[PDB]
Amino acid sequence: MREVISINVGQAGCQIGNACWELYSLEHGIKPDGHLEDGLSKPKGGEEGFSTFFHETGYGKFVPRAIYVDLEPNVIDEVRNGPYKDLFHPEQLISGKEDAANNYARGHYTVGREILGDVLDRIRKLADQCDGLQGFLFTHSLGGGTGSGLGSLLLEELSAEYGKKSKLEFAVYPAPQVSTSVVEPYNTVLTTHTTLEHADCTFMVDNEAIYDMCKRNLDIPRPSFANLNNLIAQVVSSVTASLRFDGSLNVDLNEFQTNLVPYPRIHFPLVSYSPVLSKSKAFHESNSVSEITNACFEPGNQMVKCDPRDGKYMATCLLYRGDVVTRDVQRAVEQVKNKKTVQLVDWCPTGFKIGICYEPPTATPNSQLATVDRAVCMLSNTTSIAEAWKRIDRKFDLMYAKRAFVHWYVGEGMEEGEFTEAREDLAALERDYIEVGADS
Amino acid sequence: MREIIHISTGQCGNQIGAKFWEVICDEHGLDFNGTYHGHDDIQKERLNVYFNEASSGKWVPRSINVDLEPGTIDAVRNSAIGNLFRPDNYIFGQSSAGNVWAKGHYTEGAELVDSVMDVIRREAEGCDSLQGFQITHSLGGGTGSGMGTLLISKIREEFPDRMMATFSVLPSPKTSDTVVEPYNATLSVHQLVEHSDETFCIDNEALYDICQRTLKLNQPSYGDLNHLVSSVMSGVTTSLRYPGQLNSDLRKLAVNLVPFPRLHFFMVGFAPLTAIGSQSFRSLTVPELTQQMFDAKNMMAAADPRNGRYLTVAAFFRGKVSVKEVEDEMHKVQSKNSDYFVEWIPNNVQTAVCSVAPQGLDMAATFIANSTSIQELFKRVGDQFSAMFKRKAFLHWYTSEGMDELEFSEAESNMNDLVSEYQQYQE
Ligand SMILES: CC(=O)O[C@H]1C(=O)[C@@]2(C)[C@H]([C@H](OC(=O)c3ccccc3)[C@]3(O)C[C@H](OC(=O)[C@H](O)[C@@H](NC(=O)c4ccccc4)c4ccccc4)C(C)=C1C3(C)C)[C@]1(OC(C)=O)CO[C@@H]1C[C@@H]2O
Ligand SMILES: Nc1nc2c(ncn2[C@@H]2O[C@H](COP(=O)(O)OP(=O)(O)OP(=O)(O)O)[C@@H](O)[C@H]2O)c(=O)[nH]1
Ligand SMILES: Nc1nc2c(ncn2[C@@H]2O[C@H](COP(=O)(O)OP(=O)(O)O)[C@@H](O)[C@H]2O)c(=O)[nH]1
Ligand SMILES: [Mg+2]
């Protein structure tokens, strides 16, 4: 539609969120100081570029609509000392004086409610300046207390105030193999209990899968968080690419919740970025239509630690960008369906929503990605996603059978029976995820 | 939660506490007189964690040195480091308690109390929001054991929502220098597991073994022993005063390391250990620092970690390190040494990657875990305490002040209940 509000909370929200606006300023040619140098008109930085995400103010300046809410001052204060300190408004940064650590109870009842009364005022004043608000954008991080506690608390208060808004979410699910926290599965079951009954679409990404997409594909010897945030930023830019530019098949955010989420529940799509090529092998690739299309279903280019070949596909959504042929898109997808590996359901006769985009994307200078001529974004919904949810439940049953970390939640303001209701709601979702997918 | 108050109790706590501030002033570039030398964007913005901005651009710490020996305070203020501390926090007494726990608890230690708690309330009003209290004491003396445990009960009474991270010193079961040490160590645990949220087990036996094997120091003195302890105390609060990728707070190190309120004894550690002269012969890599943290010769405890089983481990990688090499080398140890980690908790070790580097070293790493092998140190103290309590030896030194035979039975009973709980989660 028009403007889209972006909200970044948690540790991963403030880090990955800075990489999203860095790519947006490069595609639209926006100066990091807050000017319109190098751009002028054209869809790559004109009337169709200033709308959405960004906002036009006065004195030739353009500020975004990002709201950074973190319960740790050691992250927000670091962004102020960086080069991207003149983009967002200084009043949009709301810091805290009490670190919630990685506990879900403190960031939802005690510390989470201290700043809850102040974050709702910033969203209300920002929504009034949007001439026709479309939806929202969240960036969660399942594994802590700020990105899980404050994120689930803000989403509940925002869904009750508005309602009919495309509330997108790019949460980060824990890796089924190597973990980074001890009470990580505790913050995962409690987060999905309120996310399913409020959010409309939650794109999941795995930190372990990105390490495989950079060591074997990009051949990066020492990858860090500076490169993981660039791959996720290209996924968010590919979804809203049809709205911020032009193309043959314009895809709105309201269409992602219809052709992918037919039921009131089950709205956990995957992501598999295909244009993954290093600078050393940039002259040894054809970048054809059928070559990039076949690389989407490959497990090596998937940002989620899951095996889609063991499951079945329910609803896919491809986003073709750059300079592609409309006829070549319908022919490349038909060859994949005839491989007898996708396993399409009986009710849906097609289920391959395409999205042709005419504006070619770009890459950040702090990465090994070159300027490609086309990009394909895969947003499918497979039946093997319940396998990753089963591994998280097995780690929660072992810690709950003997009461491992329980006093840290009850002593703050959470009933012991809440873990039983959250586990039953998660088990009922996994049970209905296989029963419906077996005969869909 | 950005201000940390450090309090040193006893003669042993003053030698380690005063030496700890020498390393902190070197990282931020602070002279021993008061005027700062070099300030940066990652150091000046976090000077309020351990220092206060006074007048004329002078930064003074919030150290509270309380003891019962006048020769300890006079030996620090007359040196070249006492000019930084305020001449209003040194609170000492006339008589010395020696190695008696009953003197510094209600006899000689009861003379102050109101004077010690007076300076604590003054530092709480000058700061915005307190975070934790770093109390450095010892188990075996008279001031650090008698008065060190009493001060913990007074801070938590007025600040129940504040962290109590204490750096206690456990006795050495290999040739001790004192006799009434088990009597002062048993009564200290009874007042430590009831107020302190987290503690650390440090003994002097494992200190001489490191300096004579890896460091290769001929006859180490008491000054070299404080370098290995101050490096661990400074390596914990790294993400609080410096930004990084995966930061960690004092409350984060308590939820992920204390599964049960009765189980909070940690095992400190540090890495690497490069001797003087063999700098080019040692490669500072991620897999090299990992093997030095899980080794038995680099631990600051007299217990064998191979006999017990690990529960919650906390690692802190500093310097120019990558998150990819941290998560890879961490899983290789858990997969190979699967018998040392309990299958009851799949996430036994977490990751905490830092971004800054110490002045000198390029890659630094510490090891903090809460394995089930810590019960061995509690059994050696319990056997020596029960053997001397049967003959009623060295008992008139405590009963003549106000002690009773019922209090010694309750302290000994709590020592058996703690060891009995480590065996349940170990299985
Ligand atoms: C020529 C050269 O580069 O010498 C180095 C050196 O050879 C080595 C071996 C140093 C040396 O350290 C030791 O030998 C040592 C002695 C007692 C306890 C612990 C260590 C060094 O003495 C220590 C000294 O450390 C520092 O300068 C740090 O700033 C350090 N400072 C202190 O500990 C300190 C010592 C005395 C007075 C005041 C401060 C520090 C570390 C963390 C946080 C704050 C400060 C350094 C780099 C060296 C020498 C001088 C040989 C090493 O230690 C440190 C702490 O850097 C030991 O392994 C490292 C690797 C270094 O390369
Ligand atoms: N890939 C990636 N993950 C991050 C990054 N920053 C934070 N994270 C996530 O943060 C988790 C580590 O736990 P925490 O340090 O407590 O961060 P958190 O889960 O967001 O919780 P808070 O720190 O309270 O916000 C990891 O599991 C990551 O998923 C990042 O820069 N890149
Ligand atoms: N590691 C270490 N231990 C010390 C140091 N100084 C003293 N100690 C220990 O402290 C104990 C003596 O405590 P003491 O000073 O008598 O306690 P106080 O009487 O209350 O002050 C000895 O057993 C030593 O092991 C030191 O510099 N380093
Ligand atoms: Mg954080």
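Each sequence line gets a chain letter, starting at A and going down the list. All chain A residue numbers match the PDB entry; in order, they span 1-440. Using the PDB entry numbers, chain B covers 1-427, in order. For ligands, and for the atoms within them, numbers begin at 1 and follow the listed sequence.
In this structure, the drug modeled at ligand 1 is Taxol.
Tallying contacts with Taxol, the largest count belongs to the chain named in the PDB entry as Tubulin beta chain. Taking 4.0 Å as the heavy-atom limit, the other chains contacting Taxol are B.
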